[PDB]
Amino acid sequence: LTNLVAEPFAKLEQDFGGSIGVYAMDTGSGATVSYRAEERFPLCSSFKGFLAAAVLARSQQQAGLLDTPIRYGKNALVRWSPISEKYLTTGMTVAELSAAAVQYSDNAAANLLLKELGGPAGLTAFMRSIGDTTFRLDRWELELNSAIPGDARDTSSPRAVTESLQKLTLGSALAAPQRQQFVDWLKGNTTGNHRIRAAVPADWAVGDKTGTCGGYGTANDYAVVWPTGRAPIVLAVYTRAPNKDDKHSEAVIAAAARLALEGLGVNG
Ligand SMILES: *C(=O)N1C[C@H](NOS(=O)(=O)O)CC[C@H]1C(=O)NC1CCNCC1
């Protein structure tokens, strides 16, 4: 049921000047679209969705966790901390940091939550616990964005991203209340309007998390999409490119998402 219908991903990535990796799963039939799906690509900010899921998993055993107030200093506010910079003088709860990390890609929030989990290895351990043997987080914000060709640090594959996203949003890896909270955070993302969402009809529900490393044409998005009248679709689109100064493209990600939906025979 993989690649029943071929799609022109090679031409797409050639025009982009790099590599595109796609995995998309129709959760009704199990049909998939797959292109470079087992190659590694940098996560960039996209690890933050899985980070929030890991925090939610912890919260299943710690009923006070989400409402715990976290204080932080000015040193925590690295580049791109749009929410947490507004609450420097007050603190934020763990849930608020989680929402900020997911929905605004907030970097300080992500580092504070990583600390709660025992760092990159702690998040990696959570991913292992749900059966993801591919994912690895190695570094913190901002160092994890280096996106060096061939470097496996801070990478996963489109396939493992999709598989893990499915388990967490639709499967049983989270308890039901936490599952819905994760979905709701993804649905409220603000940074993805020009990526997978651009390929998804406005009358379908969709949650996503983006990433943009800032070098080597490296950027990404993953999403869970609920078309009306049929089962949900899970998909991941990752890019990279050979040269440090190669620029990412949001349009290329949207285009790849369109091809994936077309390959699944989902009318969009
Ligand atoms: C994540 O990859 N980020 C955080 C933020 N938005 O995330 S995104 O997925 O919407 O792109 C901005 C870019 C990126 C990030 O952390 N970039 C670093 C800081 C800015 N200098 C380049 C590396």
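Residue numbering for chain A follows the PDB entry; the residues present correspond to positions 25-57, 59-252, 254-294, in that order. Every number for a ligand or one of its atoms is a count from 1 in the order of the listing. These values consider heavy atoms only, across backbone and side chains, with no hydrogens, waters or symmetry-generated copies.
The chief contact partner of ligand 1 in this model is named by the PDB entry as Beta-lactamase.
The drug that appears at ligand 1 goes by the name relebactam (bound form).
In this comparison of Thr235, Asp246, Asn132, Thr243, the heavy atom closest to atom 8 (S) of relebactam (bound form) sits on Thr235.
Nearest protein neighbour of atom 7 (O) of relebactam (bound form), counting heavy atoms only, is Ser130 OG, 2.6 Å. Contacts between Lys73 and relebactam (bound form), counted as non-hydrogen atom pairs separated by less than 4.0 Å, involve the side chain only. Scanning all protein heavy atoms for the shortest distance to atom 14 (C) of relebactam (bound form) gives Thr237 O, 3.1 Å. Among all protein heavy atoms, the one lying closest to atom 22 (C) of relebactam (bound form) is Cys238 O, 4.0 Å.
Checked against a 3.5 angstrom limit, the closest N/O atoms of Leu167 and relebactam (bound form) fall outside it. With a heavy-atom cut-off of 4.0 Å, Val103 does not touch relebactam (bound form) at all. Among protein heavy atoms, atom 21 (N) of relebactam (bound form) sits closest to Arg104 NH1, 3.8 Å. Source organism of chain A, per the entry: Klebsiella pneumoniae. Examination of the model shows the covalent partner of relebactam (bound form) to be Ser70 OG. Nearest-residue assignment for atom 5 (C) of relebactam (bound form) (options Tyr129, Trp105, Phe72; heavy-atom criterion): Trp105. Heavy atoms under 4.0 Å from relebactam (bound form) belong to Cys69, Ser70, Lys73, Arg104, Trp105, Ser130, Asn132, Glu166, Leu167, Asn170, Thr216, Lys234, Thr235, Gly236, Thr237, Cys238.
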